Undergrad: 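Can you read through this structure? Questions will come right after.
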Amino acid sequence: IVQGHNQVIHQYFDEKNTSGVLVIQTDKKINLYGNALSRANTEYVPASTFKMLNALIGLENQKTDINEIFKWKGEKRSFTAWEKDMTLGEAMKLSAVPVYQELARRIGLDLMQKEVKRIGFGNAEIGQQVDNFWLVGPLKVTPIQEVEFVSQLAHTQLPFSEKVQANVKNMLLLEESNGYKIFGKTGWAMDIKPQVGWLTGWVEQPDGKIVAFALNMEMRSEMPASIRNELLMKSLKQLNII
Ligand SMILES: *C(=O)[C@@H]([C@@H]1NC(C(=O)O)=C(S[C@H]2CN[C@@H](C(=O)N(C)C)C2)[C@@H]1C)[C@@H](C)O
């Protein structure tokens, strides 16, 4: 059943010379696909995917709001795409680190550690460095843990206000094709051991049904960033999720 599906998806991953897993959660049922299934319960830095929880915490605790404009004071950033004023929602789409760092600072280390622990995100360790704990360690999370987190978000089942959850969900819309809405958040940790690529989110099918996913793969600098999107869409289509 899944073995035919997984044979095809295994091949997708082989064809593009990487080791990756794709975790799918429909409701409470979790299946693994890809050519590196052991990745599914291996911890990795969440990188840019932590922005989902960052936003939830920041909004919940009233440190910002969806309308606030975070102004670019003019300093050069790691990507030219980030060099403009933006809202929290626009920063999510662009993975604009400086905006989310300013947010994390507003929250403070101790509120951050408290919230991360209350929610139970990954190993729930943030250490003492308020602006890179989700990039270089100690914070670590499995792909299975990521899919459960985003599934809960999609079902408005996380322990945050309903409206905060709706607001963060609205920041996460990637793609809308043939009535299927694709929500998600990419992440690419470029400066660590083996580079880590993420793409974590869910599909809202036309009848309202939600199928959540977490792609996690080894990245190499020669890859286009869109290889994560490619492997996701090809797999979802092959699974008839889209
Ligand atoms: C988060 O993991 C890093 C962040 N994420 C990320 C990516 O997932 O590709 C880039 S965002 C920036 C680089 N390319 C442009 C883009 O949005 N995409 C290719 C999707 C803008 C960057 C590495 C963050 C920790 O730096």
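Starting from 1, each residue takes its place in the sequence as its number. In each ligand, atom 1 is the first atom listed, and ligand 1 is the first ligand listed. All heavy atoms count here, side chains included; hydrogens, waters and symmetry mates do not.
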Undergrad: What's the drug at ligand 1 called?
TA: meropenem (bound form)
Undergrad: Which chain contacts meropenem (bound form) the most here, in the terms used by UniProt?
TA: Beta-lactamase OXA-23
Undergrad: Which residues make up the contact shell of meropenem (bound form) at 4.0 Å, heavy atoms only?
TA: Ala47, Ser48, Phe79, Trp82, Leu94, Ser95, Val97, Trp134, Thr186, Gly187, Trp188, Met190, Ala225, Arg228
Undergrad: Among residues of chain A listed in UniProt as binding beta-lactam, which lie with some heavy atom under 4.0 Å from meropenem (bound form)?
TA: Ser48, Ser95, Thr186, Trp188, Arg228
Undergrad: Answer yes if a protein heavy atom lies under 4.0 Å from atom 4 (C) of meropenem (bound form), otherwise answer no.
TA: yes
Undergrad: I need the atoms of meropenem (bound form) closer than 4.0 Å to a non-hydrogen atom of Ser48, numbered in the order shown.
TA: 1 (C), 2 (O), 3 (C), 4 (C), 5 (N), 24 (C), 25 (C)
Undergrad: Quick one: which UniProt active-site residue in chain A is closest to meropenem (bound form), and how far is it by heavy atoms, to 1 Å?
TA: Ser48, 1 Å
Undergrad: Name the residue and atom that form a covalent bond with meropenem (bound form); answer none if there is no such bond.
TA: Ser48 OG
Undergrad: Which meropenem (bound form) atoms are under 4.0 Å away from a heavy-atom of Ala225?
TA: 19 (C)
Undergrad: Just to confirm, does any protein heavy atom lie below 4.0 Å from atom 25 (C) of meropenem (bound form)?
TA: yes
Undergrad: If you have a sec, work out which protein heavy atom is nearest atom 8 (O) of meropenem (bound form) and how many Å separate them, to one decimal?
TA: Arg228 NH1, 2.8 Å
Undergrad: Could you list which atoms of meropenem (bound form) come closer than 4.0 Å to a heavy atom of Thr186?
TA: 7 (C), 8 (O)
